[PDB]
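The following structure: abiraterone with Steroid 17-alpha-hydroxylase/17,20 lyase.
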Amino acid sequence: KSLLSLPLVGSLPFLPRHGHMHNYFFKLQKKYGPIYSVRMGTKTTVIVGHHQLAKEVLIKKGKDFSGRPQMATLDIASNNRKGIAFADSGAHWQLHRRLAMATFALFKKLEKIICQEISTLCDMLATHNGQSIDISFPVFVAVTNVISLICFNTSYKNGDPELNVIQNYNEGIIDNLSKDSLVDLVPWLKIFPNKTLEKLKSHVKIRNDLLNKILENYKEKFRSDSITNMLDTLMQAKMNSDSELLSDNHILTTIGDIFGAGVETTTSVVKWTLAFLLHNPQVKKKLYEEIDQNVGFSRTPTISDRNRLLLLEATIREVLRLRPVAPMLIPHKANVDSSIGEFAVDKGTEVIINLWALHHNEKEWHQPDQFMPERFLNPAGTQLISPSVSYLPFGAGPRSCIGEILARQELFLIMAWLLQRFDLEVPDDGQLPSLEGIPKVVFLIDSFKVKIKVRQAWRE
Ligand code: HEM
Ligand SMILES: C[C@]12CC[C@H](O)CC1=CC[C@@H]1[C@@H]2CC[C@]2(C)C(c3cccnc3)=CC[C@@H]12
């Protein structure tokens, strides 16, 4: 079993119509195969674009590849590799990941917290009846409150200016955080603001100052006899020790990861989903029929309705396939000498899963470039199915998403409540939203407007 050297690609030329980096590397697989590497100075990066090899990296050898590479921008955002998402493997990451996951067991109620913020969201949108608006902000408020309650048992009231403070440093960090090491090899894709690094520090300081103020004030509120939220879980763990792993700054960075991920991922997917529905009125009408028939207008949707709003479930699965939140996940790193397929991978090598490539494998999916929720239903439309093994929207293995349950609950309920109450149409001017996307740390959609109107079937 002597392993082979990885294919090494010496240069990455400009190629027309290749779009974003994840599609560019995907298309290069036709010439170099499903796994190949590039070198920058002393650092080697391997890109993996087939599900079998990806599952080896993520699952079968998940521990070998559970590291995270060091990057200047990621260092800034994670306060030098604290927190969860950008923390290297080891004792700090394992502890804070375990505690974050333990916190979600205290909400088994999650549906109730979410529905309360969605009702406020719908009330706010109904006030704009007849207008064409960007719904980013209202949705941002609802999911921000959900995660604030999970983290602190606090919620913001409509109009609180802190919501705008958070939205603006969120946008500022995301716009200046580059997680793609290879960008310098494909300079025509390196798109960042003028003074990127200082602007990133500027916005991160704002975030760190606000969270530290919350955490410091929370020391006065914490009691060991009531552990109901994430900061409680972290503070109790410090007391009950490990104690060096739970520094104030470690706790602050972990809270920051959850606070940011809990808002920017789900808000993005909601916007993507609505955009796809504006481009596919046929699907939208079938979603209205499904909800009117299985829920009606007597009551509001609940999580139990996931068993009967099957096309809605399929639509979300299809958005997560076609515009993945993380089309190249978060970069991995080999913690030890290891292997992928028949190839040797040295300790320290950066390993990137091209999830875009998995989600557009023409041999594992039928017409992968088009929005077809029905691929996740049987022919009758009566049961959800998994048509492909090349589908990993939340990752897998040791570094898999820890917010999946929350995300799926938020996405289902938000969409269901919105479809029950509102007609969602293209604006008066013809403008449809661009589906091209903006490949930042989250795969964002260009801002767009939607004509929203209370459905008159919802008259009473
Ligand atoms: C909304 C749809 C979401 C999708 C599709 C998604 C998917 C993903 C993916 C692909 C990764 C990277 C896996 C890897 O590096 O191998 C990830 C990591 C992560 N996600 Fe999500 N996520 C979503 C929402 C959320 C939410 C709502 C939260 C928290 C409330 C969250 C928290 C995290 C964290 C902390 C990590 C890093 C885990 C680690 O590095 O150990 N995500 N997620
Ligand atoms: C930058 C941002 C969002 C902007 C915040 O102000 C800072 C921040 C903290 C954590 C990051 C998050 C973006 C999404 C990240 C990167 C994320 C993530 C990414 C994709 C899927 N699930 C989670 C995990 C940690 C999250």
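By the numbers in the PDB entry, the shown part of chain A spans 29-136, 141-273, 283-501. Structure method, as recorded: X-ray crystallography, 1.9 Å. Below, each value reflects all heavy atoms present in this structure, side chains not excepted, and no hydrogens, waters or symmetry copies. One-based numbering, in listed order, for ligands and for the atoms of each.
- Put simply, copies of abiraterone show up as ligand 2.
- The protein non-hydrogen atom at the shortest distance from atom 11 (C) of abiraterone is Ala302 N, 4.5 Å.
- Residue-ligand proximity, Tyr201 to abiraterone, at heavy-atom distances under 4.0 Å covers atoms 6 (O).
- Look at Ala105 and you'll find every heavy atom at least 4.0 Å from all atoms of abiraterone.
- Residue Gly297 has at least one heavy-atom neighbour below 4.0 Å for each of these atoms of abiraterone: 9 (C).
- Taking distance alone, with nitrogen or oxygen atoms compared against 3.5 Å, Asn202 approaches abiraterone more closely than that limit.
- The contact set between abiraterone and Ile205, taken as ligand atoms under 4.0 Å from a residue heavy atom, comprises 6 (O).
- The distance from abiraterone to the heavy atoms of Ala113 drops below 4.0 Å at these ligand atoms: 24 (C), 25 (C).
- The proximity of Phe114 to abiraterone, defined as any non-hydrogen pair under 4.0 Å, is limited to the side chain.
- Considering only non-hydrogen protein atoms, atom 8 (C) of abiraterone sits nearest to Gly301 CA, 4.2 Å.
- Ranking the protein heavy atoms by distance from atom 14 (C) of abiraterone puts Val483 CG2, 3.9 Å first.
- Covalent bonding of abiraterone in this entry: none to a chain.
- Less than 4.0 angstrom separates some heavy atom of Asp298 from each of these atoms of abiraterone: 10 (C).
- Of the protein's non-hydrogen atoms, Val366 CG1, 3.9 Å is the one closest to atom 20 (C) of abiraterone.
- Ranked by closest heavy atom to atom 22 (N) of abiraterone, the top entry among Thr306, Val482, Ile112 is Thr306.
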